[PDB]
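In what follows, chains carry the letters A, B, and so on, assigned in the order in which the sequence lines appear, proteins first and then strands, with residues in each chain numbered from 1. All ligand and atom numbering here is 1-based and tracks the order in the structure. Part of the entry, not all of it, is on display, and contacts are counted within that displayed part.
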Amino acid sequence: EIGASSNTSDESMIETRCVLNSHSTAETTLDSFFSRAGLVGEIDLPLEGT
Amino acid sequence: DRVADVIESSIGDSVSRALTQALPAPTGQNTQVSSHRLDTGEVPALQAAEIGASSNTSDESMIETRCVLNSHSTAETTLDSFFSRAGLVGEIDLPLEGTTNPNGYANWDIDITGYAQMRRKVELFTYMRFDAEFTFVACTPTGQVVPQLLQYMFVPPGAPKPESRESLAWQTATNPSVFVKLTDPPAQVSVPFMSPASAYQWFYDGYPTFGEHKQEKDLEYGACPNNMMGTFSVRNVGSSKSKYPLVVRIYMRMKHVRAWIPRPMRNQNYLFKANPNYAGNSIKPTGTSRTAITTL
Amino acid sequence: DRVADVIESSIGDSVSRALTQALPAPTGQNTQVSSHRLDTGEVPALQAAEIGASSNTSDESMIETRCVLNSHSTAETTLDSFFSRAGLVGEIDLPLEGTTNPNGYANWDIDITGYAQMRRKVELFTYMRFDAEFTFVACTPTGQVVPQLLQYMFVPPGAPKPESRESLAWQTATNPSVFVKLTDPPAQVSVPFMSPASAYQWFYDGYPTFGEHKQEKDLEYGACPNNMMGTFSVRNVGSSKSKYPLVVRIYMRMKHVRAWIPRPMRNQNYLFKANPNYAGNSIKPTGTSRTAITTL
Amino acid sequence: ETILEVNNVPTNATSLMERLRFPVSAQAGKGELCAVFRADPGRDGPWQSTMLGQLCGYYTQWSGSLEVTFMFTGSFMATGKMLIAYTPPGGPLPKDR
Amino acid sequence: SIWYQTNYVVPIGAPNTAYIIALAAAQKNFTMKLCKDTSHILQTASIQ
Amino acid sequence: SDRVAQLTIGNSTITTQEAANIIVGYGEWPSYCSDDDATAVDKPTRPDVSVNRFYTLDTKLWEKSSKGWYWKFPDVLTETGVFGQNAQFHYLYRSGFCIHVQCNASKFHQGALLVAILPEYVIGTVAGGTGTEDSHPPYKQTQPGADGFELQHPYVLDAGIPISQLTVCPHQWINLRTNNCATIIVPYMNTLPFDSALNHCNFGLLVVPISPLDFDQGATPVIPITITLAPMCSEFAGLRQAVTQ
Amino acid sequence: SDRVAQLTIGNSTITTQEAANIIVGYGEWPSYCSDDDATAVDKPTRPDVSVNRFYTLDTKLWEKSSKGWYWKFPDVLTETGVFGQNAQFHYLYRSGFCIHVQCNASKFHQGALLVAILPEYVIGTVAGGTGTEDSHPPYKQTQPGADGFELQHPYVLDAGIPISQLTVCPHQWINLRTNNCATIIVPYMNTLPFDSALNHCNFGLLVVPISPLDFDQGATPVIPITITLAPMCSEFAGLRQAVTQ
Amino acid sequence: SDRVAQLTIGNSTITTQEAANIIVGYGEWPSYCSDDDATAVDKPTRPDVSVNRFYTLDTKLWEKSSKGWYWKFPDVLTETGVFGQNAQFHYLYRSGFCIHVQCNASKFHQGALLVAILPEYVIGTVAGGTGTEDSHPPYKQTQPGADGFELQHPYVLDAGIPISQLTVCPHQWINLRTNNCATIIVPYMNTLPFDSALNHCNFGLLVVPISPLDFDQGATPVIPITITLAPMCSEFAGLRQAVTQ
Ligand SMILES: Cc1cc(CCCCCCCOc2ccc(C3=NCCO3)cc2)on1
Ligand SMILES: Cc1cc(CCCCCCCOc2ccc(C3=NCCO3)cc2)on1
């Protein structure tokens, strides 16, 4: 109800081992996510047409 | 306070014992002067292959040797030297009239096990980690260069695979695509080591699903998802018939290579991709044959 | 070097957490002066039995109390005080004419669960460790003292149990035997805590064999071998008829007692040894009964 | 956290709001099964209703623990105990509690 | 899988059936890589 | 900060918002066997998380007439999980337990359960009524395993002992107006460092309605009682093939 | 001090008076998973002695015509012992192995077996002889478990690869005139820290007669080959119910 | 010290004994416009207490079938109070808001409302059903002012967006068994320092029943929802005559 996401940690829900997470979060930045060319416009210049 | 057997208990030792060390070997080992040796108790020549180790006998122990300063390099024998050589791994047809790929587009399942030369080299090892340089050589079946525009698009597994030349998927808003004319030099691009595993696996002795594993499903034996990198799609950019029959050859050059667990080199002709099947009735000897062991 | 979860891993902690401590209590706790208390937030009287703990409310919190220096001893409430009292645990008959034990000898299976008084006291606890003083009172059924010589012999399990008054076993070359006249004061001897377990077990919820556990064998439920100390054999020393009818009463006085896990005191009449069986149709209330809760 | 359409069954366009929550009611037996679903977030199914599932569609691979908070919306007077269970790979959908 | 540990109990005068709402997200050790295009959706008639 | 609680062992977490504290049997946390308390010389297994975790074994229905039930322990968890396996494969077993009995109702229901741990809970028989016949309780009654067993004469705990005094044992009550669960932590109790999980049951768990369940008609009539428990400091030795009994 | 040896794990001890040293696969002793090599966050089980011990799985009869056999590994030990259990109950498995293959005869018999470890031993088919049919080896052939499986075309190891080169794998020979057993210690080899003991077989054990068995008539004609092996540093995680396959 | 609360601005005080904390939109308290974030050179008005106070704008009736409602903001408070005036008289407006949505019932009722703030809440149309007609929502639907507007397709928030994901917005729930009011404090959010309170609505307030309201018959059936809100740090500039729209 409060409006906040559960802050419960894995360690509190099960006996956990130790893991050294070195996975990068670089590819999740806005620039990574958006700096990808994509089609946004198409223009026709036909010979015969309307 | 503790129970002792718990205090010694080496359970939880993350580091491996080793037993061997990598030493520098830029050149071949030199030969040192050897002299005659007439003695008992010392037998270099005698070995016991049963042990499972290669004979450590030196040239110096088998003959009186001179001295030679071997400065021959061993550089060309590194994995990078051996593997960083572009080779054909894929071929895609985009004919005008046919049953293969009309409509003007194709979807090549990214799998390098389709061509014998490259396949055998890599199947030398069990695991391989590396980046690669993919080069795409396009032209007509005659080998003629034509003023045509293409679009190559890497489609990671889970992404919408194009269903037609005008598929919406070609907007390639997040996928990486390449636009090239056949008149421009072959397109080349750099690819990283993508895969959830630490290395690509040429051989996966197991299944990937966890089911019943009946007859029909024996199709999945040896199928390791950590190797299915997705598909490579290509189309002539437009909304009308290509006008020219095309062909694209995909060459791959591995770089920044790491390889593990060497295996016996392929012995029999290859038959299918990701499947070591061999021709049971045409099992030929590893090599040539003579008429007698006492004659050349 | 290690995996951490192995370094903390408290697995192998031999010592118990405790949570309670034994304090000196030679006398009853004294009462200290109490005065009126009219306040909020503090409620001694209020408890929550659900928790499983006894009310810790003090007299001082329920009434204005004076001061009393309680010097009443608690010595007589120790296990040794309570248990170190000789009591009848065995009775053996050696009649002249009869079906019980003619021939002039008997074998009493050492089991103290045969008499109600002593049995109930010990069944107060689940486990008990102690030494004991066995005293043997012999005489005729009339209570008359007679010039007769007896031989008592402790026969540990596995030792040859005498088959007759003249059994070879009476050589008692390694067993401990006692020779006494009925005219001599009752024989008394000191016995240690023999048993492979750390304590005798009044209740053993389990079986001792590991088999099928069918109907016929339900006779073995609750039978714990760590309690079967062997048999006590007695004979009139000789090769001819006793000449006098005898009776031996075995009294046991526990000493150097340790007891664990108190249980509810026996509620229904006892029926058989080492077997809590009760009379299903004669299940009586723990105690007396009235006519109404509003009348004495 | 975003609403996980565990109850991704209804489709009447009138009952679409019904997917946002599953029921729990006074049972009679013991250990009755309430609901079930895949933990896979990038897979089709309930996760597709969540912002997480949606953002996954944009990436080929992922890694990490996931959390699913269940909020009970019954009356203050209603009590109850449920057992939520995550069954790791290889384990077929548990037949009973 | 969600099971009834005991049972949904209620007094007289209260709804015999109620609902649960699930809210889900990723934990702190969560990360993603190698981005592609969402499959889920693709439209139909070129946007007017 | 006392009516709410969370128990977490292995990969299991129990939750509760109407607890009544936690009892620790005879005031002692489960520990592993001392190096001088032991005799068996072979080095033991201590599976840890694969066995020390919560197993929700069974549900009973509390009714206005219920007499009460009991479960013998070491046994109850055999055949179930990795714990059960180590118990069949090994001769010797040793462990403590965290027992969490749960049962809830509405603020309009009423009743009270006595939840106790009775070590070496030897069962008796009615002796054929007259008490002349020396009958004995069957393997089905002495070691019911999960599913437990219902009492027939709770007043004497089917063993000739007053239940009125059962509270001298680590117990706790489930009074509906007050709480909805019992939590008792039991240490390993035996006269030996290890014993067979198969032929010996270190203790029994009693769940008995002392104040009958009651409620006006119309309120949900199905009030269940569920038993969840977790081994603690489980240790095994004496490895051989797997034996059932 | 090299032809005699004693291997002791758990409650098992192998003895030998005609050994030929010990091979340590790729020169590396089995270790546990690094805290930075792992991903699965749950704390694992390390049963230790109850699983890391010698299991003598099977005996084959060596005959003057025998082609050779193989056993896929992770698999082979399932269904057997406490190891098998932790493997069915847990999703993730990890472990090394000490493989001791034994076979003896008299100083008057002769023959030579090649004992090798081939990681990721993928099996192939004859492709219907003509090689036009895309057949695939059955669950019975790819994962035979104990009892192993006999080769049909050893020259190519039923996979189109020359056995003549199988020695680039941790191997050892059993030459009757010289020794009577092979001992190879294999470390965990995979591209992942843990994997499923069920659908993945990290490697296969090949026992092939390269120099045929022979002897003059009258000498005991029953020359068996027995496979004994022991897991090392077994670790499990991902607990659920028991799954067979 | 968290379920009770008191909000006081100007000459208004809201009280509550079953709150669920306070949300602060995007974690930022309403502030005044920086001297370097602004462009309009005229010195602004900051009426303070006469405008920054609680206005209890309207009451809706929650019914077992209710779809949900929304109110566009800047707008909602026009025409009402001194705030409304400064908004008509001035071109430029800027301000944050403290939104307190209230709705109570008995411990015997049940239901759950989602209360969220969706910035730039652009409304869409069903496009004539077939979706071929390019219809557009009327001034009556886009800017309903007080009285708000009822949703017709809440699942997509009448804008083709999943409500299931509406929680990535400053929200809060009103779960009857738990609380009876939502409190969200929103800072000024726009791409400009000031904008017109008339043609632009910085955000919309959504109040949607996700878990339907229900109760046994006989309990008061009229469960209202009231919206109370207060501007914070209201600033105005660009004075002219009073304009309505
Ligand atoms: C731009 C652009 C780039 C591309 C193609 C990128 C291809 C990246 C390929 C990486 C391939 O790694 C492999 C590993 C294993 C196998 C394999 N095939 C049979 C089993 O193993 C094949 C490829 O397309 N467009
Ligand atoms: C000399 C000499 C001494 C003796 C008799 C020695 C007897 C020592 C007896 C020790 C008994 O300890 C017991 C413990 C338990 C039980 C028991 N009976 C039912 C289950 O528990 C009986 C005796 O005989 N001769």
**Name in the PDB entry of main chain bound to ligand 1** = VP1
**Prompt:** Which drug name is given for ligand 1 in the PDB records?
**Reply:** WIN 51711
**Prompt:** Which other chains have a heavy atom under 4.0 Å from WIN 51711 (ligand 1)?
**Reply:** B
**Message:** Could you help me figure out which residues touch WIN 51711 (ligand 1) at a heavy-atom cut-off of 4.0 Å?
**Reply:** B:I110, B:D111, B:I112, B:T113, B:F134, B:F154, B:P176, B:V178, B:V189, B:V191, B:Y200, B:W202, B:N227, B:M229, B:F232
**Prompt:** Per the deposit, which organism is listed for chain B?
**Reply:** Human enterovirus 71
